[PDB]
Structures are given as structure tokens and as C-alpha cells.
Amino acid sequence: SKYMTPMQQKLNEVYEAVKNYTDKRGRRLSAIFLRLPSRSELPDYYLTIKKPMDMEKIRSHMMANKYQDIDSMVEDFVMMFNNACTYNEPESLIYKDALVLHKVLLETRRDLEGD
Ligand SMILES: O=C(O)c1ccccc1O
């Protein structure tokens, strides 16, 4: 139980790379992405976003061993960054942070290309 399979390790590595990324000032870009607020706290959001996504949702799937491959988890991250960029303005901080984290996601996945 305590030992992760290779796929499980890779999933975890990608998830963690995005979660733990910090910029030069020590700011964890993941902060606002961990958990999306409520439909009642964000009326305009849920009416605009077809498939809402946050890192806690991704982390829960992973922990339930529900991702079958790396691409499946990447797709959810991509949904999240797409959602953030859709809702928010191109000059907004959330939008910029979503672009940075997107790069981290693809770099990490590619750096693990074999393993
Ligand atoms: O724009 C947000 O505040 C947001 C927060 C968490 C997940 C996706 C998002 O677009």
C-alpha cells in the first residue's frame, strides 16, 4: 500500500510540481487554484464556466487512483487553466499565473518523457 506504482509516482510528481512551484519572490502560484469558491460566492463564474475545475478535484481523483494515464491528469489541469483564462482578463494576475503554471505542467510532463 505504502509503495506507489510508477504511474502513480509520475502522477504525483506532475501534481506536486504544479502545486509546489514558487516564483523568485516565494509566492506559490498554485494558491488560488487549490479550491474554487462556491457558486454563491462567484455567481458570474459558474454561469460562464461549463466544467469547473480546481486542484483539490484533481488531487482527489489521483488519490482515489482514478487517473489511468498522465494525459488524463494533464487534461484536467488544462481545463482549469483554460477556465481561469476564460473568466479572467489577459492582464489579470490569475491569467498570468495560469500561463506560468501551464508551462510548469508541460515542462514537467516532458522532463519525465521516459522517466
Ligand atoms: O479564476 C479563479 O479564481 C479560479 C480558481 C480556481 C480554479 C480555477 C479558476 O479559474
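Residue numbering in chain A adheres to the PDB entry, whereby the residues present occupy positions 620-734 in order. Counting convention: from 1, in listed order, for ligands and their atoms alike. Hydrogens, waters and symmetry mates are skipped; everything else that's a heavy atom, side chains included, is used.
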Check: Which chain forms the chief contact surface with ligand 1, and what is its name in UniProt?
Finding: Protein polybromo-1
Margin query: Could you check ligand 1 and tell me the drug name?
Written below: salicylic acid
Checklist line | Protein heavy-atom partner closest to atom 10 (O) of salicylic acid - residue, atom, separation in Å | finding: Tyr664 OH, 2.8 Å
Note to self: Regarding salicylic acid, does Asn707 bring an N or O atom to under 3.5 Å of one of the ligand's N or O atoms?
What the structure shows: yes
Checklist line | Distance filter under 4.0 Å to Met672 heavy atoms, resulting salicylic acid atoms | finding: 7 (C), 8 (C)
Notebook entry, point to check: Across chain A, in which UniProt domain are most residues that contact salicylic acid found?
Noted result: Bromo 5
Check: What do you reckon, does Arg654 put a non-hydrogen atom under 4.0 Å from salicylic acid?
Finding: no
Next item on the list: Please specify which residue and atom carry a covalent bond to salicylic acid.
Entry: none
Margin query: Contact between salicylic acid and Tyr706 is defined here as a heavy atom of the residue under 4.0 Å from a ligand atom; is it met?
Written below: no
Notebook entry, point to check: By chain and residue number, what forms the binding site of salicylic acid with heavy atoms closer than 4.0 Å?
Noted result: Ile651, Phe652, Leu655, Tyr664, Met672, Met699, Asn702, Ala703, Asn707, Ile713
